[PDB]
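Encoded as structure tokens, the structure appears first; notes follow it.
The chains referred to below are lettered A, B, ... by the order of the sequence lines, with proteins before strands, and numbering in each begins at 1. What's counted below: heavy atoms across the whole structure, side chains too, no hydrogens, waters or symmetry copies. Only part shown; contacts counted inside that part. As the structure lists them, so they are numbered: ligands from 1, and atoms in each ligand from 1.
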Amino acid sequence: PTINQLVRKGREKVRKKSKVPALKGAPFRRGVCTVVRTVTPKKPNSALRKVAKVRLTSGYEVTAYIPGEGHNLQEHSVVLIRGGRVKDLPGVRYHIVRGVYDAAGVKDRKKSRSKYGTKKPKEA
Amino acid sequence: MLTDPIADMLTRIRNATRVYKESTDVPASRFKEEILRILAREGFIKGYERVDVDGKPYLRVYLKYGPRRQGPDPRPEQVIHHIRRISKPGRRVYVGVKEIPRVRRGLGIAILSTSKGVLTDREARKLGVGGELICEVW
RNA sequence: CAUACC
RNA sequence: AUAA
RNA sequence: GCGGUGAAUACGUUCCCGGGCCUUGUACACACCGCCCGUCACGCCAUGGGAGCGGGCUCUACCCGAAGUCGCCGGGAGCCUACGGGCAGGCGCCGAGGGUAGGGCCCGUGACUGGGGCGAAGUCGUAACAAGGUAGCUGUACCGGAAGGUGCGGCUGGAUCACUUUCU
RNA sequence: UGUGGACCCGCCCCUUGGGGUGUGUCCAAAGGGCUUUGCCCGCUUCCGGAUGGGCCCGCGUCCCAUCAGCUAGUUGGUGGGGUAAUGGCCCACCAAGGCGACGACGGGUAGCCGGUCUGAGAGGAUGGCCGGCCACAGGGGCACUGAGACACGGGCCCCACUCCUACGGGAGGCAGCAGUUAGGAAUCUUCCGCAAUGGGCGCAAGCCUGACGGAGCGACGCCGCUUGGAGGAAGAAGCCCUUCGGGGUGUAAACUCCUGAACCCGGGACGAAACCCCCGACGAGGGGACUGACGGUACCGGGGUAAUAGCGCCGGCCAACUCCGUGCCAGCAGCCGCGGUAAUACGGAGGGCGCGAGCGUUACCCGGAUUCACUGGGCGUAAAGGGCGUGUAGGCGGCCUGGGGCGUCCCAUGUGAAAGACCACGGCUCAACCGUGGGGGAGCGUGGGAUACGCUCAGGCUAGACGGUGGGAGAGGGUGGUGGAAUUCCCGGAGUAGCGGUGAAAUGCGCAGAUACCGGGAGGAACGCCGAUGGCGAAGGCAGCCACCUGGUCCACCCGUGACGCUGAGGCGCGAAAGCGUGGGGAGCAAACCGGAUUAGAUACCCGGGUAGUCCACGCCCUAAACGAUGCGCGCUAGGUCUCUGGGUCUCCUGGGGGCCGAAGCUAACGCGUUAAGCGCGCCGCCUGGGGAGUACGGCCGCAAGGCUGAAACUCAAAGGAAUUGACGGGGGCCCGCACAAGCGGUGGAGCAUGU
Ligand SMILES: NC[C@@H]1O[C@H](O[C@H]2[C@@H](O)[C@H](O[C@@H]3[C@@H](O)[C@H](N)C[C@H](N)[C@H]3O[C@H]3O[C@H](CO)[C@@H](O)[C@H](O)[C@H]3N)O[C@@H]2CO)[C@H](N)[C@@H](O)[C@@H]1O
Ligand SMILES: [Mg+2]
Ligand SMILES: [Mg+2]
Ligand SMILES: [Mg+2]
Ligand SMILES: [Mg+2]
Ligand SMILES: [Mg+2]
Ligand SMILES: [Mg+2]
Ligand SMILES: [Mg+2]
Ligand SMILES: [Mg+2]
Ligand SMILES: [Mg+2]
Ligand SMILES: [Mg+2]
Ligand SMILES: [Mg+2]
Ligand SMILES: [Mg+2]
Ligand SMILES: [Mg+2]
Ligand SMILES: [Mg+2]
Ligand SMILES: [Mg+2]
Ligand SMILES: [Mg+2]
Ligand SMILES: [Mg+2]
Ligand SMILES: [Mg+2]
Ligand SMILES: [Mg+2]
Ligand SMILES: [Mg+2]
Ligand SMILES: [Mg+2]
Ligand SMILES: [Mg+2]
Ligand SMILES: [Mg+2]
Ligand SMILES: [Mg+2]
Ligand SMILES: [Mg+2]
Ligand SMILES: [Mg+2]
Ligand SMILES: [Mg+2]
Ligand SMILES: [Mg+2]
Ligand SMILES: [Mg+2]
Ligand SMILES: [Mg+2]
Ligand SMILES: [Mg+2]
Ligand SMILES: [Mg+2]
Ligand SMILES: [Mg+2]
Ligand SMILES: [Mg+2]
Ligand SMILES: [Mg+2]
Ligand SMILES: [Mg+2]
Ligand SMILES: [Mg+2]
Ligand SMILES: [Mg+2]
Ligand SMILES: [Mg+2]
Ligand SMILES: [Mg+2]
Ligand SMILES: [Mg+2]
Ligand SMILES: [Mg+2]
Ligand SMILES: [Mg+2]
Ligand SMILES: [Mg+2]
Ligand SMILES: [Mg+2]
Ligand SMILES: [Mg+2]
Ligand SMILES: [Mg+2]
Ligand SMILES: [Mg+2]
Ligand SMILES: [Mg+2]
Ligand SMILES: [Mg+2]
Ligand SMILES: [Mg+2]
Ligand SMILES: [Mg+2]
Ligand SMILES: [Mg+2]
Ligand SMILES: [Mg+2]
Ligand SMILES: [Mg+2]
Ligand SMILES: [Mg+2]
Ligand SMILES: [Mg+2]
Ligand SMILES: [Mg+2]
Ligand SMILES: [Mg+2]
Ligand SMILES: [Mg+2]
Ligand SMILES: [Mg+2]
Ligand SMILES: [Mg+2]
Ligand SMILES: [Mg+2]
Ligand SMILES: [Mg+2]
Ligand SMILES: [Mg+2]
Ligand SMILES: [Mg+2]
Ligand SMILES: [Mg+2]
Ligand SMILES: [Mg+2]
Ligand SMILES: [Mg+2]
Ligand SMILES: [Mg+2]
Ligand SMILES: [Mg+2]
Ligand SMILES: [Mg+2]
Ligand SMILES: [Mg+2]
Ligand SMILES: [Mg+2]
Ligand SMILES: [Mg+2]
Ligand SMILES: [Mg+2]
Ligand SMILES: [Mg+2]
Ligand SMILES: [Mg+2]
Ligand SMILES: [Mg+2]
Ligand SMILES: [Mg+2]
Ligand SMILES: [Mg+2]
Ligand SMILES: [Mg+2]
Ligand SMILES: [Mg+2]
Ligand SMILES: [Mg+2]
Ligand SMILES: [Mg+2]
Ligand SMILES: [Mg+2]
Ligand SMILES: [Mg+2]
Ligand SMILES: [Mg+2]
Ligand SMILES: [Mg+2]
Ligand SMILES: [Mg+2]
Ligand SMILES: [Mg+2]
Ligand SMILES: [Mg+2]
Ligand SMILES: [Mg+2]
Ligand SMILES: [Mg+2]
Ligand SMILES: [Mg+2]
Ligand SMILES: [Mg+2]
Ligand SMILES: [Mg+2]
Ligand SMILES: [Mg+2]
Ligand SMILES: [Mg+2]
Ligand SMILES: [Mg+2]
Ligand SMILES: [Mg+2]
Ligand SMILES: [Mg+2]
Ligand SMILES: [Mg+2]
Ligand SMILES: [Mg+2]
Ligand SMILES: [Mg+2]
Ligand SMILES: [Mg+2]
Ligand SMILES: [Mg+2]
Ligand SMILES: [Mg+2]
Ligand SMILES: [Mg+2]
Ligand SMILES: [Mg+2]
Ligand SMILES: [Mg+2]
Ligand SMILES: [Mg+2]
Ligand SMILES: [Mg+2]
Ligand SMILES: [Mg+2]
Ligand SMILES: [Mg+2]
Ligand SMILES: [Mg+2]
Ligand SMILES: [Mg+2]
Ligand SMILES: [Mg+2]
């Protein structure tokens with residue numbers, strides 16, 4: 001635009017809306033499972049995907065994903081969610097922390113251990 | 001109407017050179033003329049002169065180019081590679097002496113208008129003033 | 001090729 | 001019908 | 001594989017099937033057995049309207065009004081006095097807040113209800129893309145399970161021109 | 001008592017209530033200690049200093065205009081009250097003012113700053129440690145006492161909450177240090193000491209300081225440091241791979257020697273010299289004594305053990321590949337994407353890469369993002385030119401001269417605290433950390449100067465703009481009038497068996513005589529040829545002919561005015577079609593509708609009917625593919641050719657307008673190219689990935705239908721433009737083939753053979 005116009009109006013700065021209202025800003029948020037489900041992916045994917053509907057201390061009902069091959073979450077399990085969209089299930093934006101609260105660490109896992117949250121296999 | 005008569009000239013010149021005219025006519029003003037004085041001095045033109053078209057006063061500028069060149073396209077190098085208005089109406093640009101720009105590491109000039117009169121970049125800095133930055137030429 | 005329904 |  | 005006997009017909013290129021070259025249009029590229037549209041069914045999600053309930057903030061008028069300063073009185077109507085005056089007390093303005101009436105705004109909740117967006121392989125047709133087989137798109141108006149159709153006018157971002165002929 | 005000060009009135013200087021001066025009036029005090037006639041500490045009044053404050057002003061300080069009007073102590077006056085002091089701070093009376101698009105009023109959000117993070121910078125984000133200011137002390141008011149408070153550990157009252165209660169009544173206030181509990185993803189010891197520094201009172205000795213100096217917990221952060229160092233096979237074992245030869249882990253290990261974190265013993269701090277006391281004088285100066293929380297710590301000396309390694313990753317981006325398991329499952333995934341039986345992408349293993357007392361994850365800020373572009377973007381077709389005008393504010397403005405000096409530039413000077421940031425030299429063994437010094441600094445204040453450009457004032461000019469005179473072309477607009485062709489209907493004539501319509505038909509019309517044909521009439525609507533390669537208009541749009549009314553325009557003369565100019569948020573007007581209201585009209589056409597066909601169906605295309613509507617007047621509506629999908633103005637930059645309309649010396653020259661081709665140049669390309677999409681300047685409008693959505697909400701407008709303005713949640717990795725090569729078309733053109741056609745013999749039926 002003309003300068004007189006920038007003078008008159010000006011450039012409007014950009015607002016950047018969150019990808020993840022885990023309120024507080026906070027890194028994570030605790031909630032309870034109010035159902036464990038299986039979900040079908042989309043696009044060129046097929047499998048049965050473990051999710052939970054969680055009701056949060058944020059006072060928010062969001063659907064989290066339950067990573068790992070084995071999971072132990074039930075229709076009253078308390079859990080810690082943590083943000084991280086699952087690319088295939090639309091509307092699944094947060095992940096669940098494996099190793100915190102009711103959620104068990106993955107079992108007999110030896111590689112990417114601290115995600116999945118499993119201790120250190122012990123011997124000599 | 002003619003809103004900026006300086007840009008008109010600056011441009012009039014830019015236009016003429018890109019088709020390699022021998023000379024071009026700008027309608028005349030002392031201030032326009034006081035610029036051509038510098039263009040001329042610093043080697044960008046061959047000089048100018050007050051001609052007179054249809055009984056109204058013009059400044060004929062005499063343009064200056066390179067030598068003919070090699071390969072396809074023999075059109076010569078331009079002397080005024082580049083020439084552009086800095087300060088304009090509704091955006092006047094003024095600079096302190098500590099802010100007069102080094103154009104192309106001095107390979108080009110920057111005419112500016114001070115209370116000691118119209119002057120090159122080197123001229124004002126080595127003379128201690130600042131003013132309205134008119135235009136870069138390189 | 002591997003699948004899905006009538 | 002669906003995926004390559 | 002081999003010899004013996006030994007024909008008919010071909011005007012023509014309009015139709016049917018394939019193929020070559022040039023050109024045009026294209027939303028096709030696993031290339032028309034392509035692409036694609038909308039209703040509908042199943043499922044997940046956020047959301048508009050909403051009678052009525054619960055809560056907060058504010059404004060206008062009227063009324064009650066603590067504390068406290070300030071003002072008036074301070075009286076044979078209490079205390080002190082050097083008679084000048086002080087104090088106690090009393091009234092009044094203001095005044096936190098409260099209440100009655102009307103209005104404006106903000107959040108929760110909610111019977112009922114409208115559409116939305118997503119989710120390999122459910123249903124109906126086939127609107128669009130090739131002149132998409134009635135050029136398309138468009139403002140508006142009416143009509144129809146659905147894409148849509150028709151009127152009127154506009155645009156070219158239409159191939160250029162001889163009964164309907166869906167899907168892959 | 002009156003040094004002196006305060007108050008009224010007068011006078012001088014000053015210029016706001018500052019400083020003198022005269023009369024009048026008013027106003028002072030406190031004692032205490034001794035080494036006891038002199039010192040120490042106090043008290044009183046006045047003047048000055050220092051330090052700390054109050055108040056006022058210029059400029060700067062987030063988002064929403066889907067918040068455009070706001071204000072009654074409101075705005076000013078006079079006189080009062082009040083205060084340390086100005087002031088509608090408060091009060092009475094008087095005037096009717098004050099503020100707002102330069103964003104008032106309302107709403108939303110927020111303590112502000114030095115600084116901090118990021119960034120090449122401009123910018124963006126932030127205000128956590130520390131320092132400055134402000135505000136608050138359960139919530140709301142209020143004053144008292146004081147130099148100072150409207151007072152966190154002071155007072156009163158109202159409210160809410162906990163506690164005591166003999167039922168009337170009382171008591172509390174951690175957002176001081178610790179600590180408990182609650183909420184949360186999450187945040188410390190109910191520690192030590194007044195030794196240092198600082199504060200309060202005291203003459204002092206001292207006392208009081210949860211200020212503070214220290215220790216404690218937490219890898220939370222930075223910095224430093226260790227888990228060893230040199231030798232050691234042509235290369236153990238195990239695990240891995242293999243072309244069955246081998247190759248890998250790998251000098252790694254074992255093992256040889258060497259230092260010696262941990263740990264033990266001994267010495268053991270700096271921080272602390274003042275206050276006090278003595279000589280001198282209670283001064284300067286000299287002498288003396290006391291004091292350590294941290295802490296038996298830091299540090300120094302001797303003794304001395306081979307003595308923690310994790311986490312992430314290895315499809316591309318992005319350093320690092322091989323087996324097994326799995327089979328669109330189980331799973332991965334920041335984006336693109338991996339997995340459907342040979343997965344370097346999933347799970348394990350060997351190996352490898354990267355960091356390492358850490359390594360990853362999630363969250364948030366800047367960056368890359370010139371992706372809000374001032375630096376540093378765009379709008380013909382990708383998102384974006386307002387439907388068009390007229391014009392308000394505002395922005396911008398030709399040539400010459402003079403004044404001023406607002407902008408602009410320059411010199412000097414004041415301010416820019418410390419911390420932090422930059423550089424040097426230093427202190428802890430280094431660093432982290434800290435000390436000393438230097439350097440820079442935006443911005444504002446003052447004094448002096450410059451005057452080109454911008455501004456303003458005063459003159460001047462004619463080249464921009466307008467005017468005058470003469471001449472022109474036009475479907476430009478409004479009103480009245482009028483012309484012929486056709487369709488339809490009505491009357492008459494003649495004439496008889498159909499007409500119509502389609503791919504084929506039917507519905508339909510026709511013996512009450514239609515269709516065709518002739519003559520007469522009524523009407524409604526639209527104007528053939530001329531006619532486009534045309535013209536006019538700002539756009540929408542405008543075409544029979546005549547007249548009147550009226551708008552724009554172009555040329556010649558170079559006559560007049562003298563910068564009067566451009567653009568233009570709001571406003572106001574105009575605005576195809578459809579649609580609406582009130583009357584009128586109604587030939588033809590025709591949404592809806594009623595029928596006939598077609599079809600698998602056919603709520604369609606085809607056919608026969610047909611209402612609104614199409615027409616008029618008046619009033620609304622305000623939209624569009626309202627398109628050149630290209631805002632208006634001006635200047636500049638080869639030419640050729642066709643055309644419309646002026647002028648001139650009329651083979652041609654010179655204007656205005658409409659096309660085509662093309663120089664330079666531009667463009668992603670297509671294209672544009674003196675009718676720019678080139679080169680430039682002024683101004684307006686608009687864009688910021690797709691969907692949700694031109695939706696919801698709010699406002700405004702409308703009789704309505706709706707229009708204008710116009711989001712968010714949620715959701716995707718695309719959506720797009722141009723071109724390229726194909727393939728394709730129920731697109732074109734050209735052309736073949738027993739492809740059809742022209743022929744002659746077959747199969748399909750029968751019985752059987754053979755294959756399925
Ligand atoms: N998101 C689609 C929106 O709704 C419509 O599309 C929606 C429906 O029409 C459509 O339905 C299609 C159907 O057309 C088609 N013939 C069959 C198909 N299985 C369906 O698909 C749907 O349903 C199945 C389960 O039944 C889901 O697994 C699948 O994800 C979903 N797309 O599925 C869509 C919802 O995902 C509009 N056409 C479209 O324009 C609009 O964008
Ligand atoms: Mg993430
Ligand atoms: Mg992984
Ligand atoms: Mg063919
Ligand atoms: Mg050939
Ligand atoms: Mg071809
Ligand atoms: Mg070819
Ligand atoms: Mg081709
Ligand atoms: Mg098809
Ligand atoms: Mg609601
Ligand atoms: Mg209420
Ligand atoms: Mg009262
Ligand atoms: Mg009272
Ligand atoms: Mg009283
Ligand atoms: Mg009240
Ligand atoms: Mg179709
Ligand atoms: Mg088809
Ligand atoms: Mg089409
Ligand atoms: Mg309807
Ligand atoms: Mg449509
Ligand atoms: Mg219809
Ligand atoms: Mg049409
Ligand atoms: Mg006296
Ligand atoms: Mg006196
Ligand atoms: Mg005076
Ligand atoms: Mg006096
Ligand atoms: Mg006295
Ligand atoms: Mg005494
Ligand atoms: Mg002072
Ligand atoms: Mg008043
Ligand atoms: Mg006063
Ligand atoms: Mg007053
Ligand atoms: Mg405001
Ligand atoms: Mg605050
Ligand atoms: Mg800042
Ligand atoms: Mg940048
Ligand atoms: Mg803090
Ligand atoms: Mg702070
Ligand atoms: Mg509290
Ligand atoms: Mg307290
Ligand atoms: Mg808790
Ligand atoms: Mg102390
Ligand atoms: Mg002390
Ligand atoms: Mg070694
Ligand atoms: Mg030793
Ligand atoms: Mg040894
Ligand atoms: Mg002491
Ligand atoms: Mg002595
Ligand atoms: Mg001494
Ligand atoms: Mg060892
Ligand atoms: Mg690599
Ligand atoms: Mg193998
Ligand atoms: Mg499985
Ligand atoms: Mg495998
Ligand atoms: Mg594979
Ligand atoms: Mg692998
Ligand atoms: Mg990977
Ligand atoms: Mg960078
Ligand atoms: Mg940026
Ligand atoms: Mg852009
Ligand atoms: Mg388009
Ligand atoms: Mg566009
Ligand atoms: Mg336009
Ligand atoms: Mg409009
Ligand atoms: Mg438009
Ligand atoms: Mg205008
Ligand atoms: Mg103006
Ligand atoms: Mg001006
Ligand atoms: Mg000027
Ligand atoms: Mg001047
Ligand atoms: Mg000045
Ligand atoms: Mg500083
Ligand atoms: Mg910096
Ligand atoms: Mg050092
Ligand atoms: Mg320093
Ligand atoms: Mg200054
Ligand atoms: Mg100055
Ligand atoms: Mg001067
Ligand atoms: Mg003048
Ligand atoms: Mg005239
Ligand atoms: Mg006309
Ligand atoms: Mg008749
Ligand atoms: Mg007869
Ligand atoms: Mg009949
Ligand atoms: Mg008969
Ligand atoms: Mg007839
Ligand atoms: Mg007749
Ligand atoms: Mg009639
Ligand atoms: Mg034309
Ligand atoms: Mg035109
Ligand atoms: Mg048109
Ligand atoms: Mg006229
Ligand atoms: Mg003249
Ligand atoms: Mg004159
Ligand atoms: Mg209209
Ligand atoms: Mg109409
Ligand atoms: Mg009507
Ligand atoms: Mg009628
Ligand atoms: Mg009809
Ligand atoms: Mg019909
Ligand atoms: Mg009607
Ligand atoms: Mg009308
Ligand atoms: Mg002629
Ligand atoms: Mg022309
Ligand atoms: Mg070119
Ligand atoms: Mg090109
Ligand atoms: Mg061209
Ligand atoms: Mg131009
Ligand atoms: Mg362009
Ligand atoms: Mg727009
Ligand atoms: Mg969008
Ligand atoms: Mg969007
Ligand atoms: Mg609309
Ligand atoms: Mg609305
Ligand atoms: Mg209404
Ligand atoms: Mg394309
Ligand atoms: Mg073809
Ligand atoms: Mg044949
Ligand atoms: Mg047989």
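The chain that ligand 1 touches most here appears in the PDB entry under the name 16S rRNA. The molecule at ligand 1 is the drug named paromomycin. Those other chains that come under 4.0 Å from paromomycin, heavy atoms only, are E. In this structure, the list of other ligands and ions lying less than 4.0 Å from paromomycin is empty.
According to the PDB entry, the source organism of RNA chain E is Thermus thermophilus.
Lab note: binding site of paromomycin, heavy atoms under 4.0 Å, is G38(E), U39(E), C40(E), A41(E), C42(E), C118(E), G119(E), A120(E), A121(E), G122(E), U123(E).
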